[PDB]
K.L.:
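Here's what I've got: nacubactam (bound form), bound to Beta-lactamase.
By convention here, the chains are lettered A, B, ... following the listed order of sequence lines. The residues of chain A that appear here are 23-261 by the PDB entry count, in order. We number chain B the way the PDB entry does; in order, the residues shown are 23-261. Atom set for the values below is all heavy atoms of this structure, side chains included, hydrogens, waters and symmetry mates excluded. Start at 1 and go down the list; that is how both ligands and their atoms are numbered.
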There are 2 protein chains.
Amino acid sequence: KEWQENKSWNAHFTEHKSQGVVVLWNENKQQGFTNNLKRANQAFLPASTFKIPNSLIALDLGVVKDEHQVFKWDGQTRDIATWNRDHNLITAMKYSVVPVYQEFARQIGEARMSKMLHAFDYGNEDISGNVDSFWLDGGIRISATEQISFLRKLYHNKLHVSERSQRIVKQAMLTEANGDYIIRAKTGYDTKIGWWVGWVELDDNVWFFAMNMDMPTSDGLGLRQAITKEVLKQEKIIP
Amino acid sequence: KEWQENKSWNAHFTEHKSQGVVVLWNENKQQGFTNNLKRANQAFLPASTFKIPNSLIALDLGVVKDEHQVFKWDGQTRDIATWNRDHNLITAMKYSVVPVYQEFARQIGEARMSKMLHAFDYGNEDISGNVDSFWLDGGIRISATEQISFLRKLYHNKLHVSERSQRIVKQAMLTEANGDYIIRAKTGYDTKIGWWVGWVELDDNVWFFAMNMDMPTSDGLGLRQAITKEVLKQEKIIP
Ligand SMILES: *C(=O)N1C[C@H](NOS(=O)(=O)O)CC[C@H]1C(=O)NOCCN
Ligand SMILES: *C(=O)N1C[C@H](NOS(=O)(=O)O)CC[C@H]1C(=O)NOCCN
Ligand SMILES: [Cl-]
Ligand SMILES: [Cl-]
Ligand SMILES: [Cl-]
């Protein structure tokens, strides 16, 4: 009753010839829902979804002074045009500019990064690999339910960082807002798995979500949000 | 070249046999634009846009502890259905719930309300009339350009309240968010005059805006955003 399985959601993966898990948390009702209880606990590389805790650490250690501080383009031309320009934290999260956050990581350092993830209870708290790439190709792993447990602490300012830090990152996670709802979320792609994790704010409740799916090619990345919104629409969380 | 008149925007008021003013401020270029220099500097009752400074003062004085504190419906049935329910700061601003804010004002009190509005350099800084209604039927007045100045201070956290108070109110002002822009803004109506004030966040710039227009009946209230958005589209600030 605290966790329920709804296999009817699998049709949202089936219709797109894909496979994955959607995990929802109803905060008011303290209830979880997923299409696959097993895969909901499978831990994967966080990839770009690691920008949430990475932002928190860089803000709270003073590696990032605020959301307007500019991090200049390094002049290296990269495959994603939006990366080859100056960014602040907000645009850095919106375009998921990895090189910005790799520099963040180097400045944090191994010891403090590892110490902070333990304080966050984040995933398997393993940073083996390059200090500036372990969340792309090192030891760190996190499941969808783990993502939800981390996002809920952030929502309630219960992470061991300043309230200011936590508010700035939730500001930067802002994806969508209209008269019906607000989504604060972050996507990720590790070359094999696609992530979308965040929450949907409503007038009188909040719905946490975390999804991942098999992503053999970059062409289907749009599906991360499509399949999630189909689920939220089936559950009358969004119109 | 600080302020410039663009009378073409009058076509957007003319198109709806209406009259009023749009004022824009290009933050990067420190340059302002309006269709009506005279009306840009004319002072009106702020009405519900006063929820912005009221929220700031309520938070900073501790009348409001955070954005989730609930203010229960007093049971008085009022003409706007969304008012007859419990609200927190986010929903009270979203639904422009005056009784919530009149209670704020009553708890703030005349002496502190006056001192804070003076600290904010807000309008004519005159709170003559009922402490819980002076912004609707009292002696307080503010111009569109004065609105811009106030909002620019809030954006830059330069008001004489805490950084946290300013951040919470900008969160409460969140009106729209998509991949192209964010609008944080507040509407208002005093039964003769309609207001829309706020700003449009872009990747690399912010456009402040304050508009008002003659509002003989409530039926044209959506023109506040419609006419503003026509201007922003014309200036290519939004698609
Ligand atoms: C993080 O997951 N990133 C950065 C960027 N984010 O795109 S998103 O999936 O829309 O958030 C692109 C994908 C990924 C990478 O850094 N890419 O390197 C390996 C994954 N393709
Ligand atoms: C403030 O301007 N208000 C409160 C409420 N907000 O609607 S909005 O204009 O869409 O922000 C209704 C309109 C207005 C009134 O209070 N209306 O009566 C005027 C005297 N209170
Ligand atoms: Cl990253
Ligand atoms: Cl926000
Ligand atoms: Cl009000």
K.L.:
Indicate which ligands or chains correspond to nacubactam (bound form).
P.N.:
ligands 1 and 2
K.L.:
Under a 4.0 Å cut-off, which other chains come into heavy-atom contact with nacubactam (bound form, ligand 1)?
P.N.:
A
K.L.:
Based purely on interatomic distance, does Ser118(A) place a nitrogen or oxygen under 3.5 Å from a nitrogen or oxygen of nacubactam (bound form, ligand 1)?
P.N.:
yes
K.L.:
Would you mind listing which atoms of nacubactam (bound form, ligand 1) come within a distance below 4.0 Å of any non-hydrogen atom of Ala69(A)?
P.N.:
2 (O)
K.L.:
Run the numbers for me: atoms of nacubactam (bound form, ligand 1), each under 4.0 Å from some heavy atom of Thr209(A), listed by number.
P.N.:
8 (S), 9 (O), 10 (O), 11 (O)
K.L.:
Organism of origin for chain A, per the PDB?
P.N.:
Enterobacter cloacae
K.L.:
Counting both backbone and side chain atoms, is some N or O of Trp105(A) under 3.5 Å from an N or O of nacubactam (bound form, ligand 1)?
P.N.:
no
K.L.:
Only heavy atoms of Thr213(A), strictly under 4.0 Å: list the atoms of nacubactam (bound form, ligand 1) that pass.
P.N.:
19 (C), 20 (C), 21 (N)
K.L.:
Looking at nacubactam (bound form, ligand 1), does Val120(A) have a heavy atom less than 4.0 Å from it?
P.N.:
yes
K.L.:
I'd like to check which nacubactam (bound form, ligand 1) atoms, numbered from 1 as shown, lie under 4.0 Å from a non-hydrogen atom of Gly210(A).
P.N.:
2 (O), 9 (O), 11 (O)
K.L.:
List every atom of nacubactam (bound form, ligand 1) that sits less than 4.0 Å from any heavy atom of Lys208(A), numbering the atoms from 1 in the order shown and giving each element.
P.N.:
11 (O)
